[PDB]
Amino acid sequence: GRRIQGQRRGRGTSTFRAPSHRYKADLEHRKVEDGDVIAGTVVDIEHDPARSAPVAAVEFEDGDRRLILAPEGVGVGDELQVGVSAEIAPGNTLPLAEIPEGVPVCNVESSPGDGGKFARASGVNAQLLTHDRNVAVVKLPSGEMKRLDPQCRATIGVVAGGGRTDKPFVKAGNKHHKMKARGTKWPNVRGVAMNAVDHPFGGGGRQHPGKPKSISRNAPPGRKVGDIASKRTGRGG
RNA sequence: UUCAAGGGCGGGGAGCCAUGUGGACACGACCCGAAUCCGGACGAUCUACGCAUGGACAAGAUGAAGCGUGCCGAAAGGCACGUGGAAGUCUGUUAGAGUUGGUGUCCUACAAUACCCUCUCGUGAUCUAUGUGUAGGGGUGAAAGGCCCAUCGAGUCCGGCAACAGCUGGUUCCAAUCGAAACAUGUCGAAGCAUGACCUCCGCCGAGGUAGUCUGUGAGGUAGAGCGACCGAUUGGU
RNA sequence: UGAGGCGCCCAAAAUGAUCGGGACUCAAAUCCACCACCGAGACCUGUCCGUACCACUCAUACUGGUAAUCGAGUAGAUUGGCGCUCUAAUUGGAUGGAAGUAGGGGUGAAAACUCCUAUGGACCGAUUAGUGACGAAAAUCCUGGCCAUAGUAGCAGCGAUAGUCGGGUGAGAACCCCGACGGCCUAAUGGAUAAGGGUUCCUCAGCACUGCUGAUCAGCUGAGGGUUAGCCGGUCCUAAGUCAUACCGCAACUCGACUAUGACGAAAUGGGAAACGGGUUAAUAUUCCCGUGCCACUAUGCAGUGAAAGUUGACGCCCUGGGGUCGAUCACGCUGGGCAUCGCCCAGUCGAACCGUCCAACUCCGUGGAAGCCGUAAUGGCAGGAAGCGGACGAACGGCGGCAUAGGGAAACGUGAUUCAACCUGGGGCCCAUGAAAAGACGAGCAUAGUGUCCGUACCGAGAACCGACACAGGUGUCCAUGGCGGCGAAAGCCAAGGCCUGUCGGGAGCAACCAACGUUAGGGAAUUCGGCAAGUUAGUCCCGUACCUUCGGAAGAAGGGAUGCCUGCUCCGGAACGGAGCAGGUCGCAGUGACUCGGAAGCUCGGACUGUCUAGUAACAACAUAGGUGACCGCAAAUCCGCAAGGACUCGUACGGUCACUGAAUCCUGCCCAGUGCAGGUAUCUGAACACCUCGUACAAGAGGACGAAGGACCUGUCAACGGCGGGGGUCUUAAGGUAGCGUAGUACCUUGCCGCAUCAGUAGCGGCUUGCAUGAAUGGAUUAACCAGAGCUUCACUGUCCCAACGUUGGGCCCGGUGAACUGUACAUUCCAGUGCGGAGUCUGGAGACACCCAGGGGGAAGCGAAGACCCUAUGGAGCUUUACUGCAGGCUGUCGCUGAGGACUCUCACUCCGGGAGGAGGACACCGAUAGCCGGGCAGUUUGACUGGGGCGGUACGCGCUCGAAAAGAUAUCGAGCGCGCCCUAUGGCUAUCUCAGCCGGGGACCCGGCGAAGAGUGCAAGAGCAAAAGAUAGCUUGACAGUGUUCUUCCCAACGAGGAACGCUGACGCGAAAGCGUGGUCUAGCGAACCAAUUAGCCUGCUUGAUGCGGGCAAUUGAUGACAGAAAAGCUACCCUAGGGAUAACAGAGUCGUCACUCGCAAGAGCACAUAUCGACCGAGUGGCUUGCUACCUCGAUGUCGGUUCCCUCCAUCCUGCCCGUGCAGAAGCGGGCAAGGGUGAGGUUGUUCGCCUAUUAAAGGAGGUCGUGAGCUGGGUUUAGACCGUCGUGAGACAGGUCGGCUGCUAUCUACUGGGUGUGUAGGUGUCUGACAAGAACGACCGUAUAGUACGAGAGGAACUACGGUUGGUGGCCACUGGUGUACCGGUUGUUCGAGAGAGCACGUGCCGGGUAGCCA
Ligand SMILES: NC[C@H](Cl)[C@@H](O)c1cnc(N)[nH]1
Ligand SMILES: [Cl-]
Ligand SMILES: [Cl-]
Ligand SMILES: [Cl-]
Ligand SMILES: [Cl-]
Ligand SMILES: [K+]
Ligand SMILES: [Mg+2]
Ligand SMILES: [Mg+2]
Ligand SMILES: [Mg+2]
Ligand SMILES: [Mg+2]
Ligand SMILES: [Mg+2]
Ligand SMILES: [Mg+2]
Ligand SMILES: [Mg+2]
Ligand SMILES: [Mg+2]
Ligand SMILES: [Mg+2]
Ligand SMILES: [Mg+2]
Ligand SMILES: [Mg+2]
Ligand SMILES: [Mg+2]
Ligand SMILES: [Mg+2]
Ligand SMILES: [Mg+2]
Ligand SMILES: [Mg+2]
Ligand SMILES: [Mg+2]
Ligand SMILES: [Mg+2]
Ligand SMILES: [Mg+2]
Ligand SMILES: [Mg+2]
Ligand SMILES: [Mg+2]
Ligand SMILES: [Mg+2]
Ligand SMILES: [Mg+2]
Ligand SMILES: [Mg+2]
Ligand SMILES: [Mg+2]
Ligand SMILES: [Mg+2]
Ligand SMILES: [Mg+2]
Ligand SMILES: [Mg+2]
Ligand SMILES: [Mg+2]
Ligand SMILES: [Mg+2]
Ligand SMILES: [Mg+2]
Ligand SMILES: [Mg+2]
Ligand SMILES: [Mg+2]
Ligand SMILES: [Mg+2]
Ligand SMILES: [Mg+2]
Ligand SMILES: [Mg+2]
Ligand SMILES: [Mg+2]
Ligand SMILES: [Mg+2]
Ligand SMILES: [Mg+2]
Ligand SMILES: [Mg+2]
Ligand SMILES: [Mg+2]
Ligand SMILES: [Mg+2]
Ligand SMILES: [Mg+2]
Ligand SMILES: [Mg+2]
Ligand SMILES: [Mg+2]
Ligand SMILES: [Mg+2]
Ligand SMILES: [Mg+2]
Ligand SMILES: [Mg+2]
Ligand SMILES: [Mg+2]
Ligand SMILES: [Mg+2]
Ligand SMILES: [Mg+2]
Ligand SMILES: [Mg+2]
Ligand SMILES: [Mg+2]
Ligand SMILES: [Mg+2]
Ligand SMILES: [Mg+2]
Ligand SMILES: [Mg+2]
Ligand SMILES: [Mg+2]
Ligand SMILES: [Mg+2]
Ligand SMILES: [Mg+2]
Ligand SMILES: [Mg+2]
Ligand SMILES: [Mg+2]
Ligand SMILES: [Mg+2]
Ligand SMILES: [Mg+2]
Ligand SMILES: [Mg+2]
Ligand SMILES: [Mg+2]
Ligand SMILES: [Mg+2]
Ligand SMILES: [Mg+2]
Ligand SMILES: [Mg+2]
Ligand SMILES: [Mg+2]
Ligand SMILES: [Mg+2]
Ligand SMILES: [Mg+2]
Ligand SMILES: [Mg+2]
Ligand code: NA
Ligand code: NA
Ligand code: NA
Ligand code: NA
Ligand code: NA
Ligand code: NA
Ligand code: NA
Ligand code: NA
Ligand code: NA
Ligand code: NA
Ligand code: NA
Ligand code: NA
Ligand code: NA
Ligand code: NA
Ligand code: NA
Ligand code: NA
Ligand code: NA
Ligand code: NA
Ligand code: NA
Ligand code: NA
Ligand code: NA
Ligand code: NA
Ligand code: NA
Ligand code: NA
Ligand code: NA
Ligand code: NA
Ligand code: NA
Ligand code: NA
Ligand code: NA
Ligand code: NA
Ligand code: NA
Ligand code: NA
Ligand code: NA
């Protein structure tokens, strides 16, 4: 047979890459010596081509000009602060330790100082639940309880652009334009619509998969397709 | 080998070398003949998909939201007219792109995919130039096994290479003698082999031989016949 | 009355009859005898040759002899010889002419040798012994040359049909030049360029080459010449991205990812310092020249201390206002031209870069002070301050002044305006889409001077300069989109400017047939056809008006109805237009969107929701995509994926993510099943590898066992919007459940043209209903559904040459002439036709018939025409792509163990190692990673296998190893998918010996038992069948283990006749059993019951292992057991319609051929019925046949191809006759029939469903017969069906994929050499002429059929009803001819009229070969 589409992807050819050269900024938390004296003013609100959501242009006291993962409720003129003794309001960034429980937070770090990893897409937010000297339980948007280092910095508020998924693309053209700004090959041809040579589900005189769709985790690339290690399938039960 | 017996192999000196020649096996193996498989290279001037930077789309039609004015109403709002100018929107040989029917013309062509009429799209998932990326069990693919320079169910070039075939074709001077087998046994064997039958040639042996007939001593159950002779069929009558 | 001979009836086939033909009758037939002849290479005979043998001989040299008992031959074995090359030895020829070549003479059976003449002009032989790239008719053989083809095809076809008359030059002119007339091109056939080409550019001189003809011309040939830059490009900058170096990897590199650095990366078309005007050359030109201007740098001088913040470069899509130049147009003036019925029409009326100046818009400031005003095309603005007023900043490639008594013009050398490309400047809207960067510039003055190198620059830029082998009808980017009329228009049509007559061969025929494009056709109007394919109809604009349905958008231009020009005078909107909307009156035509441009409309059903995608080159579709729905994986040191590694994509991303899949808009919905399979989770117990550990073993080791036990598995649970399933039976069973909503004869329904209805004259169609559904059904998605569609089917109106049924015309060919000039094809011969024969499909064989030769044109009957080593089918121990629970392996994932790896069966720590963090430092941490190994999963990938037999192959079967009877032809041998049927064991006795004994069955006496008799065998003997057996081979009893060990002979296996294992018969040696003994026992009475090498285990003795001894553990001689049943032994599954190759007519489909069971038809007998009556009519059983249409069988012909079914068109035939003519019978009154005979002249038609043939149906008819010609007819047509590649549905399958199921789409090559015929000529023969005839023969259907009237309301008949002979009139079909008449044509002609151009008028051109409309002569036609 020939290599399946999932294998072509790995090669990182043009068709599969993201238009990085068009992307604006690698939104990461600032590196403050300590103290927390660092603050800045929201100079503008831009569209982030990589996340289909707003990103705030900020200018810091030390001259530094950098874009940022803007949560909802931030506008031009607003003063944002970053540091251990930063104020407890939307747009400000401080370790989960200095953050009062029950307060929605976004752009949470995994390892303190990594710049933020969790909850960064439109509308989402984590949820600081439990405190400690060692751990700070945070409920990620997927609903998982993530035990974290209290030193992990995070931003107060829900990520801006909420509700994006509510309106349907309606037409292929709209999907086309979105897809064109991501690292994804689109449209999608169904495996069952290909030839035996092209995909494990290909072939036949009619369209249906050969074997059952649920594939073992141990399956090799070229075969791992369909329902990957499904714990169950369907809706009933 | 063997208590034993019986068997196997060997034994009363002919070889070695050379030259010519018959035949066998390995090798290209009398010659040509095809689809492969493998290696290293050369191709994205075609084309597929992506990217960068540019360019293109007469004219008309329909008239979304929003806004306005007016009437009605306590309000909510509603109705009318106007404004507005949305759309993978419509008409359109604008440019440009595509390719449905004619199964027309052509079919040693104008052309190794052409001509004419017809037909579809024509502000978008649009078309297009140039630059640029992806390379061969690998790309690319809105998927047809499509496309990757007239080459694709695995490109092209050279090499491995004089690939192998039990399959088709061909294998060049004269004469004299003998003269088949198209069968048997085994065979992944039945389009092939080996071993026999049969053809030929050579050396050896040394007096018989037997294609015909008659007679003698034997073998035999086919034709025919018959079945109160077995066997099994198969009519009727007192 | 019996028998015999010969004949007769029975007796039907397709191009032209036959005994080979003629033809034959007291035979030239037949039968019985006879006589004589002809007739082979046989037989006889003369001579010769070869071969064999004999005598003589050294001899195979001579000579003599023998052959009645020698003389054919494919494959093949054997042997003597001819010829070629070069070597050697011996020996010769040649300039007094070698070799070769051409023609000719002689020898040899022959290969071949040799001579003569001519040519040639320098080499050439012989004998012997050697040598070898040593002998050709063939291979779709190779290379070269050449003939026919043939003076043939092409040099016509394209919406660009282009020329003509004069003249010039010249040896020569249709096409080279000049003038005129006439045309063509308008986003191109014009102008400027990119790539690419590369000198093609210009000049001179030429024509051997090239140029579709010619050429004096040329992109050709030769020689010269030609490209000038500070201000156009490059150059510089950076883009997607590329490379180089370092680092790292790799066995290694010219390899490889990341991270650094550097460099590269844009000539039309990214960014960017600066040039305009005129002039000039044969050829350059923002480059040269004249004039004027500008930029950068540097130097000097003055100014300036500012100088880096910021601005710029610098940016998406849609709508839109304002500013505004060119252009165009309008008014008017001037200059020049044109026209001449008028007073119109055309051209010009010029003038840059640059310098200076002006400024709308936006932004802002002051003033002011709106509580409702301001403002816009629109949105909008405001007490947070609206209008107004003043002001700051601030635009054009624009205005204005200079530039400029510069330039340019023959001259005048204008002025206003409107609409306004360019250019400038604003406002609004959209994004699940956010629309480069860097260099540079600005910021930041002025004078004067100096410098400004290097590379490109010609020309083409395309129906001749590029790519496509070509001067190729193809392909190929940019700018000119503002030239006039027209009109909505960058549309058509017409015309400027500019270009061209080079989409480059001509001349001639009223110019025939035929073909390509096309115009028009009366009446009818889809009757055509698979199907309205093709064509046609409709059309522009305004007014009125508009259904079902609908997702409320749409449907919709629904449909339907009306209007439409010109002229005169006006109104309204607007600032106005040379803008738009209307009014009144007048008025012409057949026609006013007058041409051109320019929808045909309506309805039902199927499918996919829609726009979109696709098989470059037969599929555009229902297929892919899509939004939408759904499930799965993953918290990022992730899931998924790429790399060998170093590393990488996703990712400048983070669950509202992105990966992996299914379904495929909206709406209503989406049932039941977890047994199998998959995936996932759990798990007491069971199973589960290696290391380590324990035991045995070994002075060690191999090795054997044990304990512990991971993932995995067993087991359990979860899960179907996972793969998939949703029946049989009865009022449960397989295997989990047992089909719910819906839909249903479906693109799924075999039966099937289902039934009913609608519709039609008629409807395998279509729609609706029913529906038991061969074999519908829910995200393998079910149902429904508006809109959409080059998608499939059907209906109606309209339309029409699709048809009835064809005609005429137009243009280009075609035909003739000049010039140019191929190809395909060719074993040979060839004037054939009818029959026959033959490998069964002959121009060539056989018999006849016909046939004088050559040539022109034609349409293609035949050469199983030409073209392609058949795609179909089978075969090959062929190939490839694909699949899987085929075989074997390889990646990869999971898991244990070892190493890295450290301190203190569960736990702490830090110090390696990893990651985060700039770092301090944090997280993690002996784990992870990495290296190694083990177990599991593992078509992700690789190599392969997947047998043979066979009335082809497959399915089935096994005639694949064995035994018996028969087949089998009285020895032996003997085939078939031949007939009957068996064996793959069983038995410790069912073996062995001995003793005693005789059985089946029947009878008689007291189905057990006892007694007698008859009883050669029918019993019994393990199991087929055949055979053997009676004091036994059977029965009973007793005893016994010979079913023993060893080694042979012979036969068999395998006749003859080689071959293994196996088997048997018969010995010997040893040991035994039984018997008095002879003797019997080498298993079972005989013929079936069986298996090699390698390896293991097993039995007993011995041989043996590398200097040597001991021990362990090995190697071996002999034999037993373990299986290969495909049974003389491989370890082994499938699909291909995506296919590929080698071959086969060794083998299937189609056609032919044989057969004829089948089928069609007939006959013999005649039961029976027909009210009686076999035979008017019907007709069984049985029996005998004919045909070659069906079907089947066979495997002869072709696989280096004989093109399919159906249809069509055109021709001939058969008769078994449907009609028509003439007859016979009748259950014949008549009329109408029924049955039969002769008879093939003619006729046998039109339509509805269906691809159909067939068949069903309708209405007409005299009747609407059947069949043959390769199931006649594809070098004739068509292409609906079968049967390629795409796709769907049902069924089947794990799957690829399949189907003798359905469905949508899906290509039709060739220039005719021969032959054949239709027609036309030229010659020869008969043997200079003119005119007229004859008639051997040949062709015809030239005529076939019907209706009507009189006969006649007659004959006949109760009546109803109702004939004929004959005579007439017409119709239909066929045929031949003709055009007065009717009709068509009529691009002859005349008129009307639209647009445009020539100024108007007059008169004309174009609008495709007439713009359109109306009329239409001749001719040709129906
Ligand atoms: N294939 C098995 C062989 Cl032929 C075996 O039977 C045998 C017999 N003789 C042999 N030499 N080999
Ligand atoms: Cl998305
Ligand atoms: Cl000889
Ligand atoms: Cl240039
Ligand atoms: Cl505005
Ligand atoms: K064939
Ligand atoms: Mg990031
Ligand atoms: Mg992309
Ligand atoms: Mg899809
Ligand atoms: Mg497919
Ligand atoms: Mg596969
Ligand atoms: Mg499907
Ligand atoms: Mg499916
Ligand atoms: Mg390219
Ligand atoms: Mg409007
Ligand atoms: Mg559109
Ligand atoms: Mg259109
Ligand atoms: Mg490109
Ligand atoms: Mg396919
Ligand atoms: Mg010979
Ligand atoms: Mg001889
Ligand atoms: Mg007999
Ligand atoms: Mg002979
Ligand atoms: Mg000599
Ligand atoms: Mg030969
Ligand atoms: Mg010819
Ligand atoms: Mg013309
Ligand atoms: Mg030159
Ligand atoms: Mg020239
Ligand atoms: Mg000249
Ligand atoms: Mg550069
Ligand atoms: Mg540029
Ligand atoms: Mg020039
Ligand atoms: Mg030039
Ligand atoms: Mg030309
Ligand atoms: Mg007509
Ligand atoms: Mg019809
Ligand atoms: Mg018909
Ligand atoms: Mg049509
Ligand atoms: Mg007005
Ligand atoms: Mg249907
Ligand atoms: Mg569609
Ligand atoms: Mg195609
Ligand atoms: Mg299409
Ligand atoms: Mg097509
Ligand atoms: Mg689909
Ligand atoms: Mg989806
Ligand atoms: Mg989805
Ligand atoms: Mg029906
Ligand atoms: Mg379901
Ligand atoms: Mg072949
Ligand atoms: Mg096949
Ligand atoms: Mg294969
Ligand atoms: Mg790191
Ligand atoms: Mg495989
Ligand atoms: Mg191999
Ligand atoms: Mg076979
Ligand atoms: Mg015998
Ligand atoms: Mg015996
Ligand atoms: Mg073995
Ligand atoms: Mg054993
Ligand atoms: Mg065998
Ligand atoms: Mg055998
Ligand atoms: Mg083949
Ligand atoms: Mg045959
Ligand atoms: Mg033929
Ligand atoms: Mg007759
Ligand atoms: Mg006749
Ligand atoms: Mg036929
Ligand atoms: Mg016929
Ligand atoms: Mg034919
Ligand atoms: Mg044909
Ligand atoms: Mg032809
Ligand atoms: Mg067809
Ligand atoms: Mg069809
Ligand atoms: Mg079809
Ligand atoms: Mg004309
Ligand atoms: Na499939
Ligand atoms: Na191979
Ligand atoms: Na390319
Ligand atoms: Na509105
Ligand atoms: Na076309
Ligand atoms: Na390859
Ligand atoms: Na090779
Ligand atoms: Na081979
Ligand atoms: Na044979
Ligand atoms: Na054989
Ligand atoms: Na063979
Ligand atoms: Na004798
Ligand atoms: Na007999
Ligand atoms: Na011979
Ligand atoms: Na105009
Ligand atoms: Na010419
Ligand atoms: Na569209
Ligand atoms: Na289950
Ligand atoms: Na299950
Ligand atoms: Na089902
Ligand atoms: Na479409
Ligand atoms: Na016509
Ligand atoms: Na012909
Ligand atoms: Na293949
Ligand atoms: Na096999
Ligand atoms: Na034997
Ligand atoms: Na017959
Ligand atoms: Na042939
Ligand atoms: Na036909
Ligand atoms: Na007749
Ligand atoms: Na035929
Ligand atoms: Na046909
Ligand atoms: Na054809």
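Residue numbers start from 1 in every chain, and the chains themselves are labelled A, B, ... in the order their sequence lines are given, proteins ahead of strands. Determination method: X-ray crystallography, 2.7 Å. As a basis for the values below, the full set of heavy atoms in this structure was taken, side chains included, without hydrogen atoms, waters or symmetry mates. The entry is not shown in full; contacts are counted within the portion that is. Both counts, for ligands and for their atoms, begin at 1 and track the order of listing.
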Review point. What is the PDB name of the drug at ligand 1?
Key: girodazole
Review point. At the binding site of girodazole (ligand 1), which chain contributes the most contacts (name from the PDB entry)?
Key: 23S ribosomal RNA
Practice item. List the other chains with a heavy atom under 4.0 Å from girodazole (ligand 1). Key: C
Review point. Taking heavy atoms under 4.0 Å, what residues and nucleotides bind girodazole (ligand 1)?
Key: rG1060(C), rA1128(C), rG1129(C)
Practice item. List the source species for RNA chain C given in this PDB entry. Key: Haloarcula marismortui
